[PDB]
Amino acid sequence: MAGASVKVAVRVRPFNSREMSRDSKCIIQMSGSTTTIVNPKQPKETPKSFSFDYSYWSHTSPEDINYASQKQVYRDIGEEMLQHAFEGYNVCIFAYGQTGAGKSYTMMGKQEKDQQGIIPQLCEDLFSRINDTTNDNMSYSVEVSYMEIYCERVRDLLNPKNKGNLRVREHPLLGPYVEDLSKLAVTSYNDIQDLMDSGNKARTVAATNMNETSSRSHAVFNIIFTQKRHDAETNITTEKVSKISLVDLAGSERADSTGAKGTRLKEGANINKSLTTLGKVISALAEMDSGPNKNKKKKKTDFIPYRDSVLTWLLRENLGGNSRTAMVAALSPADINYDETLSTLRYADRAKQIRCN
Amino acid sequence: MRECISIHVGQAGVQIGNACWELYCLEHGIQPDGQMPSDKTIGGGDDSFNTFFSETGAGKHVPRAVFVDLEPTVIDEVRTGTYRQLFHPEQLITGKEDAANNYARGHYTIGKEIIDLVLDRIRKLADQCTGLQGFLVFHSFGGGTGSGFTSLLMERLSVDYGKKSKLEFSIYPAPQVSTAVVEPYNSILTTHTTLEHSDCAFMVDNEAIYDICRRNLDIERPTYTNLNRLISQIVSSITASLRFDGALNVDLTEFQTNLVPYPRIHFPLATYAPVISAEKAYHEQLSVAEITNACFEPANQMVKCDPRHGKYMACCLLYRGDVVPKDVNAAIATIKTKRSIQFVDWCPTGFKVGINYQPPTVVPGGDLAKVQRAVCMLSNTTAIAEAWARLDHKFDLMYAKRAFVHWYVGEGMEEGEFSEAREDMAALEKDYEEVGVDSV
Amino acid sequence: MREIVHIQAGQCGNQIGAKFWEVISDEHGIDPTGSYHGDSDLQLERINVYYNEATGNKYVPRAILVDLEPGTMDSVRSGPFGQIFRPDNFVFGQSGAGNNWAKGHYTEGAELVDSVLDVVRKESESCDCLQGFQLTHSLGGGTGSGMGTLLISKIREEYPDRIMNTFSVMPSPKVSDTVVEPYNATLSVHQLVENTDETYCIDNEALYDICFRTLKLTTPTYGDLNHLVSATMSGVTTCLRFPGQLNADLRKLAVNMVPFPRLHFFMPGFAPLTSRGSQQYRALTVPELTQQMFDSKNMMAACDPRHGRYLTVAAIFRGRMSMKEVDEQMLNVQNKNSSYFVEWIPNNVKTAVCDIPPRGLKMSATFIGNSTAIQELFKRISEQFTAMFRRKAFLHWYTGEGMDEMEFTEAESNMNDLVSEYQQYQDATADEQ
Ligand SMILES: CC(=O)O[C@H]1C(=O)[C@@]2(C)[C@H]([C@H](OC(=O)c3ccccc3)[C@]3(O)C[C@H](OC(=O)[C@H](O)[C@@H](NC(=O)c4ccccc4)c4ccccc4)C(C)=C1C3(C)C)[C@]1(OC(C)=O)CO[C@@H]1C[C@@H]2O
Ligand SMILES: Nc1nc2c(ncn2[C@@H]2O[C@H](COP(=O)(O)OP(=O)(O)OP(=O)(O)O)[C@@H](O)[C@H]2O)c(=O)[nH]1
Ligand SMILES: Nc1nc2c(ncn2[C@@H]2O[C@H](COP(=O)(O)OP(=O)(O)O)[C@@H](O)[C@H]2O)c(=O)[nH]1
Ligand SMILES: Nc1ncnc2c1ncn2[C@@H]1O[C@H](COP(=O)(O)OP(=O)(O)O)[C@@H](O)[C@H]1O
Ligand SMILES: [Mg+2]
């Protein structure tokens, strides 16, 4: 019941080659923590302004003044969150955005390893600290699992068997968990990248009018970190157990965007339902963290809709109690995608909306 | 010719259309089975008015109407009712479930697969038309199929028929009386369609008509039949200028030119003065001045709003029957002197006047008395903002906790779109508050 | 056509289904041999909602019957309306569940579920536009719990977007018939919460109280309780079969009544009920039906609504009546009893009207409530469950069928969570920090 503060971050990518060749226009402005969007259809009306915790102008690659470099993004989010994980408390990071926007850049980064995402940098720092602090008494263990949620059904990506629906159980002491989920040990961030690539190969994708291989399912990479202290005592026990989750949320979907009936509509409805449930649970968490942190009066137990989706249910231990949360939202800068970006901004308005101005 | 197409969406639209076509058939002497003995008896005239009916070689008259609804249960009453032979068999039923008070269902997961057929039928009707002037879309806020399918249909019609007028005769939720829990969500989501694609949206309230029936007509237990008949009378009074002769006729373009100052404030109230029972038809002069004054009484308005809490900016009076312009001018002069009826300083002209010789018709088995004179008022006023504000409050009370939201987003709706609609609606209120301010 | 597939499992479910089909056949004027001898044309306007048509101008109900004990089937066949049903739909085994949820779910029911689902698939494929299902069972813990929940899960997996309605009889504190009611009730409520859209709570204690106090019956039997449940079942779906001034489809009720996905447990009710002694002293009007519907003693769930708050309410009237009176009465009920209604919903009384009343009444009404008081029922079961699970009173009968102990805990946790949900909106204020 310690609470879990949530940080809301938005980032803008540069123009792609096709948009750069075409005479496209930027529609996004940023000032401190305020982000404003201007409609291209009627530019003369007004720009809608929103407030978030962090606003990242990664628009111009050679820019010198106020450029949100990937290392800067790490230093705001991933470094603090890894440090929180080291203390023995749970951690979860979320990624949201439409296809053609960032997401992959934010989480993974470029393949040349000159500019990296949150995942590889966090893994490198974790393992470097492990090698630094591992004395004769310490013992650090790392395990990894990677699963997907698709129509509120859990599937394993690492294990190549017939892709049946795994069963979700509730250990009375350890909370929710998944039965018969592959768990593997790892010894370097290279192993993490290999397992993540193999899992991403097996994810469920489909063809729509927005993209040829749009994501149709959520995916989570749980990093289980275990610390054992062989102190000068007659009883040596595992001192702490903490988990780090990296969540890849599929973007929202509208009916007119995908006119196909049957499977595609059901997938879109399920994704939308899971997204609104996640918005509700994160917003309730943000409010409950904000309140006690200043008042220090525990109002009964409040409430939070854990059992409204499999995603929120399985992340119950990470989402709340004693943990930290943070979500990064990616935005396109081109006018052509305006409406889509606005939808993303609206989903970023949740999680303790800041009013200001 | 002068020709208008009527479209009925949802149960409210279908029943209002039943009442309207009863009234029209009674007016023009057309039997329920489509024949007219009057032409055979006389051998002349033009009683097969093209404003609502199309003639075939056999003397049968087909109405210019399209009925649409996803429930088969309300249209099958018409297809097996008294007027089963009047309408063309293309009644356009979707053999599936209803939108179920869900805007998303009526809009873009089940409203499709029938919109194409509806647009094809509308195109077929319009191709037979030579001088098509506008559309009369009947629907109802709050319901699912009404709001959603009206949004889709008006969007498509504006794409295809962007020049022609599109009038709405819709029912607005009442302050306290309502028959649904998720009604404010649908009503707020209807704002985009009733703003961008509608040219003049008339709104009525069930509570106001119930009060009118209780007080004026002394009907203590009215049903939807009386409400539909009153709305039919108002629509007939509006449309009478295109059918019968008169000293001063008012076309649809004249309505749109005179009533709306600016494009975004095309939301006028409507009212009907001589609503009186047969017993109370006696003991009353019912002169032009009396009915003209009765129009302005706040108790007779069909939307639960107070005109005294606002300023009139455009009034249009349509007189029917034995009415002479001298009495109308005297009534306008009398009205302009009263201080309770406040007009905007930037519309010194004030009133539009139209007179038509054809008196009203009494529907057999009805409740309105036979009256030589009648009048219908249309009035653009700021008080309508009040009728919006209360509903706006209701929306907040359900959107703060995201109640019932999962049903809508389960059918291809983005949550943020709700807020978008709210934002647009808020602008409307401010716009009204901008126009009532005195000039400087 | 909006067409429904009806299923019934267990003794309670099968008997309620038999009485319900008797009531529906009387409403549509169906001869017990299957022929039609009705009075009006509206009876066959929407006969496809519940019946299929045979080549001999006979109407076979779209019903499927399930029971692991064959005896329950025989009493249905040797009855007033035994011959009406299709013989191929009498799916049954030859080994009773013995009031063991594990036997009905894992061991015995797992073999008959394939045949039952094959019959359900055959019936559904013949339906030109399927709307939803309608399962009648009980939480006593025999076939109705195990096979009921298993069929619910299987049908939900096969047909995800269709409506799933269930009429379920809950245990009671003061009237009991089996020793292991709490275990089976909790395990069934888990699956009911997971995989249903509407669940109408029914209590034997409430029905007995209605019979004793309202109907003034001296020796009530199971037939009268079945009759009341049948009246409620017909009133719920009346709007699908007849025209009216304001229709209410099943999906309309599901959308208007369920604010959040897990809160879909409903308290039914029916009016009028006059006892046949004071019938001539009672004036039948919409205000009288409104007064009787909201009365605490008329509820069928044995939960006092005055101990909580109404999340939503629905009233389906049948008969010729003016809608101004109906709306005024609903508004007056909301205003006069404002303390018992949730305040963050501006209006929480869905209304529907139909022009065709029951056969022998001028007008009637069906009530569906959704209030926090229902939590009390669950709480009672939970208490009893603890009293047996702390010591493992009868667990060895379940674990012998391959059921793990942990599952019990899971169910209990889910049950408790549901109670907390219904407790969230119960308090009539939120100011204090
Ligand atoms: C006033 C009048 O005309 O006579 C009534 C009557 O006196 C009362 C007492 C009836 C009577 O009901 C009972 O005695 C009864 C006892 C236990 C459980 C249920 C009913 C009646 O038997 C019940 C019977 O009801 C019907 O016919 C309805 O259609 C009803 N049942 C059946 O149609 C039916 C069909 C086949 C076999 C058995 C019953 C119904 C209600 C809702 C939906 C569908 C059907 C009628 C007219 C009466 C009597 C005969 C005394 C009542 O019946 C109901 C539930 O509607 C109980 O109080 C109500 C209304 C009346 O006051
Ligand atoms: N004045 C008047 N109002 C009506 C009438 N019929 C329905 N309404 C109103 O219309 C609202 C719902 O309209 P509809 O969209 O047609 O409802 P529906 O036919 O069941 O279709 P769905 O809303 O999609 O389920 C109700 O809340 C009523 O208040 C009528 O005959 N007269
Ligand atoms: N209302 C009603 N309840 C019944 C009837 N018969 C049995 N019950 C209830 O059903 C419970 C017994 O469960 P049962 O149906 O026999 O188990 P199963 O048939 O093997 O699945 C008891 O608590 C009874 O109250 C009936 O005819 N009407
Ligand atoms: N500094 C930056 N911040 C965010 N995005 C960037 C940056 N630099 C380049 N990008 C672009 O981000 C895109 C992310 O790739 P893509 O696979 O489209 O992501 P998604 O998985 O969202 O489709 C790349 O195409 C890349 O060009
Ligand atoms: Mg409808």
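Chain identifiers are assigned alphabetically from A in the order in which the sequence lines are presented. The numbers used for chain A are those of the PDB entry, and the residues that appear cover 1-357, in sequence. Chain B is numbered as in the PDB entry, which gives 1-440 for the residues shown. Numbers in chain C track the PDB entry; the residues on display, in order, are 1-433. Scope of the values below: all heavy atoms of this structure, side chains included, with no hydrogens, waters or symmetry mates. Order of appearance sets the numbers: ligands from 1, and atoms from 1 within every ligand.
Of the drugs muvalaplin, lividomycin, vinorelbine, teniposide, Taxol, the one that appears at ligand 1 is Taxol.
Per the PDB entry, the macromolecule making the most contacts with Taxol here is Tubulin beta-2B chain.
Lab note - other chains with heavy atoms under 4.0 Å from Taxol: C. The site surrounding Taxol, defined by heavy atoms under 4.0 Å, contains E22(C), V23(C), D26(C), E27(C), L215(C), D224(C), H227(C), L228(C), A231(C), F270(C), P272(C), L273(C), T274(C), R276(C), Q279(C), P358(C), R359(C), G360(C), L361(C). For chain C, the entry records the source organism Sus scrofa.
Closer than 4.0 Å to Taxol, one finds no other ligands or ions.
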